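Report on one structure; see the data block that follows.
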Amino acid sequence: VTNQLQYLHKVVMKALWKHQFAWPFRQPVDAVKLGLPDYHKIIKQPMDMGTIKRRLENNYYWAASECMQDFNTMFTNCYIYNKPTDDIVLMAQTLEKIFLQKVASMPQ
Amino acid sequence: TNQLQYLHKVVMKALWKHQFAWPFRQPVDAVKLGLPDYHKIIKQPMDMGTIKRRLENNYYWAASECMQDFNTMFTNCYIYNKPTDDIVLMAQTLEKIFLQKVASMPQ
Ligand SMILES: Cn1c(=O)c2[nH]cnc2n(C)c1=O
Ligand SMILES: Cn1c(=O)c2[nH]cnc2n(C)c1=O
Ligand SMILES: Cn1c(=O)c2[nH]cnc2n(C)c1=O
């Protein structure tokens, strides 16, 4: 458990997971339930904050770069898949700015 | 700032010289590039040239202001372009380097 991963769990995940915009990212996209049949045709590496939260919990990551990449993949999937006007894009944009801000003060 | 000098001289140099960085070294010219819808979809254009000038003339107050400009540039690319466009892959490749370099910023 590196200091950075610790920071990513205690500071970054703590901040993002409890956020009023977090709820659509707390679990993988359910393409059936959300009625997005082309989702897994366009997004080939799905990611979400539940997966990351669990991986930070089970010390799945060897580096912070890895956990950072997963956050980035989750936000990037949303910007790529969704129409520019979808509310979820601006929800992801809001979360991703918190993530960046926090990451600006991560150790090492 | 020590962090802004790291963004200038470690992160931005790595990104600037990358073989995929050429579309991002200067603002999108919607006219020359044939994209008249570009500014109706992208309301905050951003590019590494602007970020570079801004680091040179001391525009930024904090690292995170500059990291937010990098992100806006990448996010603009994902939002405007179709998922199949090569520029999407180019941006992600550049974005991962940025995330990797930022992890090692002086705290
Ligand atoms: C958990 N959650 C919320 O917190 C929320 N707020 C508004 N819609 C919401 N939906 C659809 C939801 O699932
Ligand atoms: C991440 N994500 C999306 O990318 C998306 N697109 C449409 N609904 C969506 N929902 C609810 C979602 O969670
Ligand atoms: C950033 N950017 C784009 O987002 C884009 N979309 C299509 N060509 C593009 N070019 C040349 C570009 O520089």
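Numbers restart at 1 for each chain; the letters A, B, ... are given by sequence-line order, proteins then strands. Each ligand, and each atom within it, is numbered from 1 in the order the structure gives. All values below come from the heavy atoms of this structure, side chains included, with hydrogens, waters and symmetry mates left out.
Comparing aminosalicylic acid, clonidine, ciclopirox, ethoxzolamide, theophylline, the one located at ligand 3 is theophylline. Per UniProt, the macromolecule in most contact with theophylline (ligand 3) is Bromodomain-containing protein 2. Other chains in heavy-atom range of theophylline (ligand 3) (under 4.0 Å): B. Geometrically, theophylline (ligand 3) and B/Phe24 share no nitrogen or oxygen pair separated by less than 3.5 Å. Residues of chain B near theophylline (ligand 3) cluster mainly in UniProt domain Bromo 1.
Protein heavy atom closest to atom 13 (O) of theophylline (ligand 3), with residue, atom name and distance, is B/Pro23 O, 2.9 Å. Of all protein heavy atoms, the one lying nearest to atom 9 (C) of theophylline (ligand 3) is B/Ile87 CD1, 4.0 Å.
In terms of N/O distances under 3.5 Å, theophylline (ligand 3) is approached by B/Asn81. Counting only heavy atoms, theophylline (ligand 3) sits under 4.0 Å from the following UniProt protein-binding residues in chain B: B/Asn81. Counting heavy atoms closer than 4.0 Å to theophylline (ligand 3), residue B/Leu33 contributes side-chain atoms (C-beta onward) but none from N, CA, C or O. The protein heavy atom nearest to atom 8 (N) of theophylline (ligand 3) is B/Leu35 CD1, 4.4 Å. The residues of other chains having a heavy atom under 4.0 Å from theophylline (ligand 3) are listed as B/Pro23, B/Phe24, B/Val28, B/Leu33, B/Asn81, B/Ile87.
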What are the atom names and distances for all N or O pairs under 3.5 Å between theophylline (ligand 3) and the protein?
{"unit_1": "theophylline (ligand 3)", "atom_1": "4 (O)", "unit_2": "B/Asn81", "atom_2": "ND2", "d": "3.1"}
{"unit_1": "theophylline (ligand 3)", "atom_1": "6 (N)", "unit_2": "B/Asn81", "atom_2": "OD1", "d": "2.6"}
{"unit_1": "theophylline (ligand 3)", "atom_1": "13 (O)", "unit_2": "B/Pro23", "atom_2": "O", "d": "2.9"}

